[PDB]
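The next PDB entry has ganetespib among its components.
Along the sequence shown, residues are numbered consecutively beginning with 1. One-based numbering, in listed order, for ligands and for the atoms of each. As a basis for the values below, the full set of heavy atoms in this structure was taken, side chains included, without hydrogen atoms, waters or symmetry mates. Per deposition record, X-ray crystallography, 1.8 Å.
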Amino acid sequence: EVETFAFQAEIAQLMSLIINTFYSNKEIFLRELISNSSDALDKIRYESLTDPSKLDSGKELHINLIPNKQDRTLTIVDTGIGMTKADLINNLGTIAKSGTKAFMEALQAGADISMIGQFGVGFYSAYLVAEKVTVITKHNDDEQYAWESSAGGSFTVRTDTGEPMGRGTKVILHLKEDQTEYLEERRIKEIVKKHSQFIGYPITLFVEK
Ligand SMILES: CC(C)c1cc(-c2n[nH]c(=O)n2-c2ccc3c(ccn3C)c2)c(O)cc1O
């Protein structure tokens, strides 16, 4: 059972601009996703302070990076708070808590898209490098769900029949054919060192066999 949704107009416009831009500094997508993971880890850590049982679904707070040359995918996995079905639809489908309109105004005025995270929409920088993004998520209070979009104005959500996660979020970037450099461990390592060295949660790069 698959449900289809439309992006809010402003989000569709943002995705269109990102998807199509010749913006060369594409490596920033990774720090944005890592930053989101860190934020979600902050969220579960915070809740756990007053309700320890929230970590029954897993005590480890970490971020894993998983390149897959065979599938041409780069996966970012965290054990953060995850998202309920409602959270998932709202966070990805709407302006939600972000400064999306101010960002679009700033872009029109010639701002650098590296500022995207400052406007609370860093996730969409994934489309600099990905033709399709899948987001699998598990929150303590809901089932495991899979969100996906290849842009073009719509996304889908379905209950995930994949491998169960205890709790957290997995972002699967289905890379553009010209963007396979982000499957190279040496490339990933350097991007993490440049832009994510002061994230306090452990970030582990899984080197391909
Ligand atoms: C949005 C992307 C897909 C994403 C989300 C979560 C997630 N799991 N539980 C959460 O609350 N978040 C989260 C974190 C940050 C966010 C939002 C919304 C706006 N910002 C800035 C949501 C994640 O762990 C990794 C990710 O890449």
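Here the macromolecule with the greatest number of atom pairs within 4.5 Å of ganetespib is listed in UniProt as Heat shock protein HSP 90-alpha. Of the protein's non-hydrogen atoms, the one nearest atom 19 (C) of ganetespib is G120 O, 4.4 Å. When the heavy atoms of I81, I63, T79, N36 are ranked by distance to atom 15 (C) of ganetespib, first place goes to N36. Atom 22 (C) of ganetespib has as its closest protein heavy atom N91 ND2, 3.7 Å.
When only non-hydrogen protein atoms are considered, atom 8 (N) of ganetespib lies nearest to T169 OG1, 3.3 Å. Here the protein heavy atom with the shortest distance to atom 23 (C) of ganetespib is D78 OD2, 3.5 Å. Within the 4.0 Å heavy-atom criterion, neither part of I76 lies near ganetespib. For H139, no heavy-atom contact with ganetespib is shorter than 4.0 Å. Scanning the protein heavy atoms around atom 13 (C) of ganetespib, the nearest turns out to be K43 NZ, 4.0 Å.
Not a single heavy atom of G80 sits less than 4.0 Å from an atom of ganetespib. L92 counts as a contact of ganetespib, since one of its heavy atoms falls under 4.0 Å from the ligand. Protein heavy atom nearest atom 7 (C) of ganetespib, with residue, atom name and distance: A40 CB, 3.6 Å.
Scanning the protein heavy atoms around atom 27 (O) of ganetespib, the nearest turns out to be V171 CG2, 3.3 Å. The protein heavy-atom contact nearest to atom 9 (N) of ganetespib is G82 O, 2.7 Å. The binding site of ganetespib, defined by non-hydrogen atoms within 4.0 Å, is formed by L33, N36, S37, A40, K43, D78, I81, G82, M83, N91, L92, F123, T169, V171.
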